[PDB]
Engineer: 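Could you have a look at this structure, given as structure tokens, before my questions?
We're numbering straight along the sequence, starting at 1. The deposited model was determined using X-ray crystallography, 1.0 Å. Both counts, for ligands and for their atoms, begin at 1 and track the order of listing. Just the heavy atoms: all of them, side chains too, but no hydrogens, waters or symmetry mates, feed the values below.
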Amino acid sequence: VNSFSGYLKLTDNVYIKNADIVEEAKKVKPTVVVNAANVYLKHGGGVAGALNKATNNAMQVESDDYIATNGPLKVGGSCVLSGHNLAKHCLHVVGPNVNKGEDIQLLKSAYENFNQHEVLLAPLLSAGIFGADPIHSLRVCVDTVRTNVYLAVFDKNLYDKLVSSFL
Ligand SMILES: NC(=O)c1cnccn1
């Protein structure tokens, strides 16, 4: 049993809810929250901007030190950093950004990072300002992630479309 509440069960391991991932993280304090990161860990907008704002910019300070030491992530890659006030850990995962012309086939590689964690609170990778079709992102998630993932969808309209179109 875990603390996640109000989720619709899509599969054996994938759950979904219409929710603000910041508000959900603040309530649950999950072991892992996933950030929709870019390779530079520049948390300017979308899930990343909202998560970083909720940490009072501590996520960005930590991230800048990580990049200064290690250099940029790969598209499809990830790193584990602090979850600050939101979670124990933040898994920063880089999905392809369609608005930068990145290979959508890298979305499966991105979701494979989730398999290193038994339970996660996450957004749909490459959705929102990353430009991918969120229906596609949910299908790749279900077909790739084997660990238990609780998906928070910010938009109510999109949530209802994801549920009502789910195969
Ligand atoms: N939870 C949010 O504030 C958020 C903002 N932008 C995109 C997705 N989620």
Engineer: At the binding site of ligand 1, which chain contributes the most contacts (name from UniProt)?
Structural biologist: Papain-like protease nsp3
Engineer: Mind telling me what drug shows up at ligand 1?
Structural biologist: pyrazinamide
Engineer: Which residue owns the protein heavy atom closest to atom 1 (N) of pyrazinamide, what's the atom, and how far is it?
Structural biologist: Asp20 OD1, 2.8 Å
Engineer: If hydrogens are left out, which of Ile129, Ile21, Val47, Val22 has an atom nearest to atom 8 (C) of pyrazinamide, that is, the closest non-hydrogen atom?
Structural biologist: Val47
Engineer: What is the closest protein heavy atom to atom 3 (O) of pyrazinamide, and at what distance does it sit?
Structural biologist: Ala50 CB, 3.2 Å
Engineer: Tell me the source organism the PDB entry gives for chain A.
Structural biologist: Severe acute respiratory syndrome coronavirus 2
Engineer: I'm curious, in chain A, which UniProt domain holds most of what contacts pyrazinamide?
Structural biologist: Macro 1
Engineer: I'd like to know if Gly128 contacts pyrazinamide, where contact means a heavy-atom distance under 4.0 Å to any ligand atom.
Structural biologist: no
Engineer: Of all the atoms in pyrazinamide, which lie at a distance below 4.0 Å from a heavy atom belonging to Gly46?
Structural biologist: 5 (C), 6 (N), 7 (C)
Engineer: Among all protein non-hydrogen atoms, which one is nearest to atom 4 (C) of pyrazinamide, and what is the separation to 0.1 Å?
Structural biologist: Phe154 CD1, 3.7 Å
Engineer: Which chain residues come within 4.0 Å of pyrazinamide, judged by heavy atoms?
Structural biologist: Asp20, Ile21, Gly46, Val47, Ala50, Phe154
